[PDB]
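Model: 5-hydroxytryptamine receptor 2A / ligand pimavanserin.
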Amino acid sequence: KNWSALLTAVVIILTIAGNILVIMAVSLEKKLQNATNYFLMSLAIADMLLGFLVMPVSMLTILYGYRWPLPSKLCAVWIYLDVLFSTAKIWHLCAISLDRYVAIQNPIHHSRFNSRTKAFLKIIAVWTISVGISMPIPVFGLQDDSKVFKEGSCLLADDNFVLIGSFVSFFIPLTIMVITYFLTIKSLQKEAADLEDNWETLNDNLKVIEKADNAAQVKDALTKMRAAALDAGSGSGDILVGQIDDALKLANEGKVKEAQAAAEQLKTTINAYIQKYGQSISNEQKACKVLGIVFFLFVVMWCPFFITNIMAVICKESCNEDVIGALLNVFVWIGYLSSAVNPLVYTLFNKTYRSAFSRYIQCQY
Ligand SMILES: CC(C)COc1ccc(CNC(=O)N(Cc2ccc(F)cc2)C2CCN(C)CC2)cc1
């Protein structure tokens, strides 16, 4: 009746508002300009399109009693959209991890000069592959009207489509995301270990310089310190390398008594920069944790719908399907609420998201 129509109607507007907020935050804040936030904005675009088009149609179908009120030729469109955006999201997320798994493994990943157009084309390519995956739904639904209509109700009825799409769209990106998340935490655990080794090497060679009577000892210690400071090529790694090379210039000239005071000043710079480099890896893994959270939430909230759809294929004879069919009618809306959940996490964890969204609240832009 109507006591559940209101419950399923708030989800649409919450999804719309939250994802429009996310789009505005990504497109407005100058601090979010990188590949990950561009992918998140594309994800928010997909969520906003899903909430603007598919969710209200599903709501009106619910209020009409799970009956299709639109022209019969548009049903194949509806499912297509419901596949086009979600398949994007599960592949957008799967993209991000992969990118963040590989774009950080090059030894100069902590550098500036991010490839904006490269990430833009990556997003376009992910959308293109999602379009290619989603094309069969309308292509084979326009020909056969019994593939998108299951005895008067507009939903996927082809068991082959259900199985393959569940494998292709849902399970494969989920497994890829899990494996890449594990490999990402394993890889990032090594970053914080090499940095500590560089810090220890710098401390050892600074101890060596402080107590010295030779001229080439300074050269050896400064060379070892030069190798340690190189690190992930931040660019201000080279400002520390440049200062070390300045002291190395003093040593190679010959004045030992002058190089030691310089290295003392560089020691203060070294401690400051390492506490800045090791802090950068902390954010590098915090973003990974937040993205893992959003992966988990999306997958878990879309799980029951796929579980029941897979159930409805193989055991079509040895499984009761009286109330189980009605379970899908709320599992689909759990999957829809997965769209609205993401901005909540963004406001819960990412500080810039919190500030921007609070700015837009309480009678303000
Ligand atoms: C041969 C295939 C390409 C044929 O084409 C297919 C492509 C995809 C699938 C599997 N995808 C869905 O079951 N849905 C979309 C989805 C997509 C991705 C996600 F991560 C989450 C949800 C459901 C469609 C029905 N509505 C009501 C809920 C969502 C089925 C067939």
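Residues take their numbers from the sequence shown, with the count starting at 1. Both ligands and their constituent atoms are indexed starting at 1 by order of listing. According to its header, the structure was obtained by X-ray crystallography, 3.4 Å.
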### Task
Give the UniProt-annotated serotonin-binding residues in chain A that lie under 4.0 Å from pimavanserin (ligand 1) by heavy-atom distance.
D82
### Query
Measured by heavy-atom distance, which UniProt transmembrane segments of chain A (N-terminal numbering) lie under 4.0 Å from pimavanserin (ligand 1)?
3, 4, 5, 6, 7
### Task
Give the residue list for pimavanserin (ligand 1), heavy-atom cut-off 4.0 Å.
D82, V83, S86, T87, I90, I133, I137, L156, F161, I164, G165, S166, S169, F170, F298, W302, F305, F306, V332
